[PDB]
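Chain A corresponds to the first sequence line; subsequent lines are lettered B, C, and so forth. The numbers used for chain A are those of the PDB entry, and the residues that appear cover 1-99, in sequence. Using the numbering of the PDB entry, the residues shown for chain B are 1-99, in order. Just follow the structure's listing: the first ligand is 1, and inside any ligand the first atom is 1. In what follows, every heavy atom counts, from backbone to side chain, and hydrogens, waters and symmetry copies are set aside.
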2 protein chains.
Amino acid sequence: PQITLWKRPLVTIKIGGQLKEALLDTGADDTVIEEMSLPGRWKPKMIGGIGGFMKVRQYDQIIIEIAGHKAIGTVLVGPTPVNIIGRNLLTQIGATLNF
Amino acid sequence: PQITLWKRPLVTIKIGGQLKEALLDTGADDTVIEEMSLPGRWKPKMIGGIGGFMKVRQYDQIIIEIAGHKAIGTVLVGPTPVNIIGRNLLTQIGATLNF
Ligand SMILES: CC(C)CN(C[C@@H](O)[C@H](Cc1ccccc1)NC(=O)O[C@H]1CO[C@H]2OCC[C@H]21)S(=O)(=O)c1ccc(N)cc1
Ligand SMILES: [Cl-]
Ligand SMILES: [Cl-]
Ligand SMILES: [Cl-]
């Protein structure tokens, strides 16, 4: 698809068996999802942005379906106000910015 | 161009006669640049990011070149960790997300 940017670029994702809405975010290095359980090991991380930093849990090798396209990678989980699909998974679905 | 996302999508911008680096950020509603002098009056604005809220100065109808494309629109100025080009100006340069 081609997604214009008049509105926030939100898509449906499936993660951990759950359907969620998420923002396709070229400014995010990594994917950050609201608090939820994920299987396996995790380690703490701090991510910084507008407003300062947020503490998250980093889960590796998590499969996400993003608008119907499967991808695997690191997912950070924390009290983000918006689910964000970052570059680490955008690359995997072949996403590009075009102008 | 067609910009892939294996690295940060950084571009050169020109604002107030100065060249700066900025991140093309589809997850940003607004364009936010580090402290600098701009002409005219400004208005208050609060934006919310990953670490919480941030006060900024809102300047309207500012001339800015983004990767060689001319835009004229709102620029928020504040203590952001990186200059970010948000959807308000990405739409002006005709940018879309594609996969
Ligand atoms: C600021 C960027 C360098 C990094 N951010 C991604 C960015 O797209 C956020 C993504 C975002 C979006 C909504 C809420 C929190 C974070 N947008 C953002 O802060 O935009 C602000 C300016 O326009 C406004 O519109 C959205 C809030 C305002 S971030 O959310 O802090 C972040 C940083 C690191 C990772 N791995 C993941 C996300
Ligand atoms: Cl990854
Ligand atoms: Cl590629
Ligand atoms: Cl604008």
Engineer: Quick one: what's the drug at ligand 1 called?
Structural biologist: darunavir
Engineer: By the naming in the PDB entry, what macromolecule does darunavir (ligand 1) touch most in this deposit?
Structural biologist: HIV-1 Protease
Engineer: Give the letters of all other chains with a heavy atom closer than 4.0 Å to darunavir (ligand 1).
Structural biologist: A, B
Engineer: What residues line the site of darunavir (ligand 1) at a non-hydrogen cut-off of 4.0 Å?
Structural biologist: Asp25(A), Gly27(A), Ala28(A), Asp30(A), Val32(A), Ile47(A), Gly48(A), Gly49(A), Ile50(A), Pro81(A), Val82(A), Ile84(A), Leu23(B), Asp25(B), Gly27(B), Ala28(B), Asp29(B), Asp30(B), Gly48(B), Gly49(B), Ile50(B), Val82(B)
Engineer: Within the 4.0 Å heavy-atom shell around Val82(B), which atoms of darunavir (ligand 1) are there?
Structural biologist: 3 (C)
Engineer: Name the closest protein heavy atom to atom 34 (C) of darunavir (ligand 1), giving the residue it belongs to and the distance to 0.1 Å.
Structural biologist: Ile47(A) CB, 3.9 Å
Engineer: Looking at atom 24 (C) of darunavir (ligand 1), what's its closest protein heavy atom, distance included?
Structural biologist: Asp29(B) N, 3.6 Å
Engineer: Answer yes or no: does an N/O atom from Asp30(A) fall short of 3.5 Å to an N/O atom of darunavir (ligand 1)?
Structural biologist: yes
Engineer: For atom 21 (C) of darunavir (ligand 1), what's the nearest protein heavy atom and its distance?
Structural biologist: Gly48(B) O, 4.1 Å
Engineer: Checking a contact table here: which protein heavy atom is nearest atom 10 (C) of darunavir (ligand 1), and how many Å away?
Structural biologist: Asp25(A) OD2, 3.3 Å
Engineer: Which atoms of darunavir (ligand 1) sit under 4.0 Å from any heavy atom of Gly49(B)?
Structural biologist: 15 (C), 19 (O)
Engineer: Quick test: of every protein heavy atom, which one is nearest to atom 18 (C) of darunavir (ligand 1), and how far off is it to 0.1 Å?
Structural biologist: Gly27(B) O, 4.0 Å
Engineer: List the closest protein heavy-atom neighbour of atom 31 (O) of darunavir (ligand 1): residue, atom name, distance to the nearest 0.1 Å.
Structural biologist: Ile50(B) CG2, 2.8 Å
Engineer: With heavy-atom distances below 4.0 Å as the criterion, list the atoms of darunavir (ligand 1) near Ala28(A).
Structural biologist: 37 (C), 38 (C)
